[PDB]
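Entry featuring methotrexate.
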Amino acid sequence: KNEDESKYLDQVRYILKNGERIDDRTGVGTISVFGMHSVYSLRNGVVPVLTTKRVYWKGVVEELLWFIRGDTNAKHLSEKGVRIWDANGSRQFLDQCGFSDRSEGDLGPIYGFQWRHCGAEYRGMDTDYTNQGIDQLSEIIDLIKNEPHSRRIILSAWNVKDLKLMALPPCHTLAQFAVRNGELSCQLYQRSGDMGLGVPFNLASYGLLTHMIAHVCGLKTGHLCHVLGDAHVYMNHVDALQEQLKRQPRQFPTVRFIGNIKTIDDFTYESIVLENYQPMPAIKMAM
Ligand SMILES: CN(Cc1cnc2nc(N)nc(N)c2n1)c1ccc(C(=O)N[C@@H](CCC(=O)O)C(=O)O)cc1
Ligand SMILES: O=c1ccn([C@H]2C[C@H](O)[C@@H](COP(=O)(O)O)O2)c(=O)[nH]1
């Protein structure tokens, strides 16, 4: 019945069967298909959080609220128990990336900074950037509310001028939104998707974001189109994904929001309720 999760599993099956074995920039083996497309229903509260292997929902929500704050300090995310960007903010990692003058935790002008302060001069994570640069997220909300048919509703982190300053160049590269029949849809262009760990997390993230923007705009939700450039499996995740591919998906969970949430900046962890997410056991995929 969950046909949409079966699409993700069929993508993994297709990559394992037909993908090219290529060593990546780090020298580790991947299995790669370039150019994949899948669509997930977001209708009636549905968020595409995989049921065949637990997704780190606490991490998804805290990472997204941290993006929305325009925050680039890994320590703020780590304080909430979410360690996913800690390696990239470490003294060692910063020094090896030629960021010796940066304080530990400073990821540079990554997603959140580009979303809220696009084009502002980065001067470290501790600087107050309020009303500096272009607030793409506020601008997209203004387009959805005032000009829902716009072909120009784009949220991008691909700031070429700032790529050299970033801990990591963005993998979830841009998202386009559209309104039809009072339903908000999202097309996510992901230049690079690790099908094991990254892609399930990223699908949950943009599904949730689309629901949050729809909530703020008083709209229903439509679909999430997921466009992949390099859709890949790490060679050391193949056995884990073969275990997952034996599992039959359950119905995706739904999200509901609590309280008076007027703007995109008014969401809290407590305001976001995930309903009926009881996934099958987590499968360890290291890195
Ligand atoms: C999006 N992201 C950041 C991130 C950073 N660098 C990367 N680098 C690579 N090569 N691949 C990735 N998927 C990746 N992901 C994530 C997302 C989820 C988890 C995750 O599931 N974290 C578990 C980690 C447990 C484990 O490693 O098995 C946790 O409990 O924190 C980690 C990183
Ligand atoms: O949210 C994230 C973060 C990282 N990655 C994966 C994709 C690649 O395996 C790697 C990034 O390496 P490049 O594509 O930049 O080489 O991390 C994801 O899939 N999603």
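Going by the PDB entry, the residues shown for chain A are 18-304, listed in order. Just follow the structure's listing: the first ligand is 1, and inside any ligand the first atom is 1. Header entry for method reads X-ray crystallography, 1.5 Å.
The full list of places where methotrexate can be found here is ligand 1. The main partner of methotrexate in this structure, judged by heavy-atom pairs under 4.5 Å and named as in the PDB entry, is Thymidylate synthase.
The ligand atoms of methotrexate that sit less than 4.0 angstrom from a heavy atom of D211 are 13 (N). The nearest protein heavy atom to atom 33 (C) of methotrexate is closer than 4.0 Å. Each of the atoms 10 (N) of methotrexate lies under 4.0 Å from some heavy atom of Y251. Those atoms of methotrexate with a heavy atom of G215 less than 4.0 angstrom away are 13 (N).
Looking only at heavy atoms of the protein, atom 30 (O) of methotrexate is closest to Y73 CE2, 4.0 Å. Scanning the protein for heavy atoms near atom 6 (N) of methotrexate, the closest one is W102 CZ3, 4.1 Å. At a heavy-atom distance under 4.0 Å, only backbone atoms of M302 (N, CA, C or O) approach methotrexate.
There is a protein heavy atom less than 4.0 angstrom from atom 20 (C) of methotrexate. Organism for chain A, as given in the entry: Brugia malayi. Contact annotation: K301 has no heavy atom less than 4.0 Å from any atom of methotrexate. Within the structure, each other ligand or ion under 4.0 Å from methotrexate is listed here: ligand 2 (2'-deoxyuridine 5'-monophosphate).
Summary of contacts: the protein heavy atom closest to atom 18 (C) of methotrexate is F218 CD1, 3.5 Å. Here the heavy atom of the protein found nearest to atom 12 (C) of methotrexate is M304 SD, 4.0 Å. The heavy-atom binding site of methotrexate at 4.0 Å consists of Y73, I101, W102, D211, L214, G215, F218, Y251, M302, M304.
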